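Bound state: GTPase KRas, N-terminally processed + MRTX-849 (bound form).
The chains carry the letters A, B, and so on, in the order of their sequence lines. What you see of chain A is 2-123, where the numbers are those given in the PDB entry. Sequence positions for chain B are given in the PDB entry numbering; the residues included correspond to 2-123, in order. Per the PDB entry, chain C residues shown: 1-204, in order. So for chain D, numbering is the PDB entry's, and the shown residues are 1-204, in order. Looks like electron microscopy, 3.8 Å, at least that's what the header says. Just follow the structure's listing: the first ligand is 1, and inside any ligand the first atom is 1. Basis for what follows: all heavy atoms, side chains included, without hydrogens, waters or symmetry-related copies.
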Amino acid sequence: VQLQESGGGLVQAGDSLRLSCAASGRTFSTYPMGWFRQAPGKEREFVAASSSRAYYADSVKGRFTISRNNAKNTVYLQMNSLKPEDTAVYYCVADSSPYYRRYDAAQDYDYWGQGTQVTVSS
Amino acid sequence: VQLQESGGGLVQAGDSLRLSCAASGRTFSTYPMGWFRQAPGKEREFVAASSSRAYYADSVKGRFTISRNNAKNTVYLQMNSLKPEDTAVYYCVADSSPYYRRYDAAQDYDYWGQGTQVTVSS
Amino acid sequence: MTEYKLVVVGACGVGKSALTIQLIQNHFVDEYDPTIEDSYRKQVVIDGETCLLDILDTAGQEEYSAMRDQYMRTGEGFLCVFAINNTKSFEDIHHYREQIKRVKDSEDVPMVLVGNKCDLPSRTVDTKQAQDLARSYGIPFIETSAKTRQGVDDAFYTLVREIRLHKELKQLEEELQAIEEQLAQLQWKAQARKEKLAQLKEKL
Amino acid sequence: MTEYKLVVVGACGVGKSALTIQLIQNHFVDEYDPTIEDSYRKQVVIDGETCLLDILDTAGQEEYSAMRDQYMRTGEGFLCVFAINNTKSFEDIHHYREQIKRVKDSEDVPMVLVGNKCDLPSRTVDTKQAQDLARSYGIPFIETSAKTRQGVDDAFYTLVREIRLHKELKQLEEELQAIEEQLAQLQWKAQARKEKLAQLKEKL
Ligand SMILES: *C[C@H](F)C(=O)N1CCN(c2nc(OC[C@@H]3CCCN3C)nc3c2CCN(c2cccc4cccc(Cl)c24)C3)C[C@@H]1CC#N
Ligand SMILES: *C[C@H](F)C(=O)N1CCN(c2nc(OC[C@@H]3CCCN3C)nc3c2CCN(c2cccc4cccc(Cl)c24)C3)C[C@@H]1CC#N
Ligand SMILES: Nc1nc2c(ncn2[C@@H]2O[C@H](COP(=O)(O)OP(=O)(O)O)[C@@H](O)[C@H]2O)c(=O)[nH]1
Ligand SMILES: Nc1nc2c(ncn2[C@@H]2O[C@H](COP(=O)(O)OP(=O)(O)O)[C@@H](O)[C@H]2O)c(=O)[nH]1
Ligand SMILES: [Mg+2]
Ligand SMILES: [Mg+2]
């Protein structure tokens, strides 16, 4: 019922960052998880998701890494070869419904976190 | 696309009736079918349906028979040990949506028939 | 948002009306009138999560009217108390359990057994006997001393834990059943559509 | 609600502009100016269901501008005509098919071959050759006589039937893919929930 975020901040272009999202409410091993992002003045865009198989967005394919650990109900996002056009705010999301929910639908998930800021300088 | 029903009318109590509903629009072998009932002044009530296994309602359980024939896309309802309380109008219904739809929900079926009248005398 | 209701049942002179007051007000009374029947409310923090506890102590005269049991059975947890000197209280506890079984009509309810006033008085009923009865009945057994304030908190926490486990099991079973029905219907639809596709392809 | 568009391609003096007029207006003309390029509309009743047919005859002067092919490719059916006396028309039909393949970029399109003016004139190109080419190309072949009004209706009906078959196949494949994805996700959810239930039950 509660999600915590860590790892945000401001860095330079070309470096690599690692962010963590931990579910501290209750057992979430049966709950799919994912990440959404939003730039200042734009709309929500799905980035990655954890399911039966890994799902990825088209604009960040081949560089991002998503990891899941059920020991503490944590999801980690590792970003390398970062481009300056990714300065935005990122949210951690989770799903709980038993019926089918679309993975890429922003309105199909029901649990949300506070979010963190990622900034890249020139 | 089009459903045609036959066999209605007025009979006496305790007799036996057989009604037919034929789909003559296009292929319907992948479309579940069913029957609904409406008494004068009452609401819609599901009666029977054809699916992976036969389904029945509680009010008419154990005395109604539903048969299917995919050779000509026909569904037959056989009613025996009739009671005067069943004087009503019956509709033939079918389903088409690929996604899951509730069998007992009246609003989860796409295609609808015209309607036939069954009357029981004392 | 998180409230649990518990009922404490015992016998005559086995620590009744002395555990709830010690738990709530942190004070002891040497003598109390058994005719008083009252309910208590208290907030607690168990396993890092806050909770509300309502405690009802079975007291008063012998009543068998249907109105009493209609106002009752709202409890979700049951704690049965006994001492180490009353075979009469043992038999009363057994009879009370046998009656609540059929009254609730549930296969299993959250039930805990508590042995009160053990350190000070002389000790007669065997711990082996008590543990054998607890294992045979399938309910946890806890030793509690009223005046020294030990055991009450852990007993209440274990009762709450049993309640939580039962709720989780029921929810999981219901969800599994719904998912299985979804699976069956979708599988039949897929089989029919695939057969139709194969039949259509065979023509061309 | 049910409209199909067809394009008739042929060569010079092989029955062009003489089949569409006979089909539509039921009248014959001995001579017609090839420079005229027009489209025809007609309603029909095929297999008990009404339908609309738009017919476009490839005519006019030699053109290769991009605007021509941009306005074109809207067709859904293609009928290629030939006679039994022009190897030149044979080669022209082959070249036209080879070009429309890459122009449309679709692996297979509704395609029919029609042999016109067979009963009256002398007959040279072998029916065995025609059938061999039809079987090698994978498209139906129909013999049609313009002045006696035979074959046009059945050829058009078969082309419409091919269009219907292709649409049905595409729809069925898409639905099967969607249902398969549904089943996979539900399977994983059920497995996770059942494992959690077993783990919870093991504790108690
Ligand atoms: C004596 C002292 F005041 C005392 O501890 N009491 C008072 C009596 N009361 C009570 N007593 C009995 O039976 C008493 C003996 C035991 C065998 C038969 N007699 C002789 N039975 C009950 C009660 C309280 C109300 N109980 C009850 C009623 C309806 C439903 C229901 C459902 C589940 C459980 C119970 Cl106990 C239910 C029957 C209270 C107390 C001794 C006890 N506790
Ligand atoms: C001669 C008489 F008027 C006649 O039947 N015509 C007129 C010319 N026209 C035509 N002709 C050619 O090539 C003609 C010869 C054959 C080999 C090369 N030359 C010498 N090619 C086309 C056309 C009509 C337009 N076509 C075309 C154009 C763009 C895209 C496209 C895509 C698919 C299919 C075609 Cl046919 C496409 C090329 C028409 C007609 C002869 C025929 N019918
Ligand atoms: N030796 C001893 N007696 C206790 C303790 N707590 C309560 N008691 C006794 O239990 C009695 C209080 O319970 P009681 O009023 O008799 O319950 P009820 O009459 O059945 O409703 C008192 O007489 C106390 O002397 C304890 O920790 N040690
Ligand atoms: N022997 C025969 N000739 C036909 C028939 N239908 C049309 N024709 C001939 O086809 C000629 C028409 O030329 P046409 O098709 O318009 O050439 P185009 O320039 O390619 O369009 C006429 O001279 C007719 O004699 C038929 O059923 N039998
Ligand atoms: Mg007391
Ligand atoms: Mg012509």
Can you help me spot every copy of MRTX-849 (bound form) here? ligands 1 and 2
Note the other chains with a heavy atom under 4.0 Å from MRTX-849 (bound form, ligand 2), by letter. D
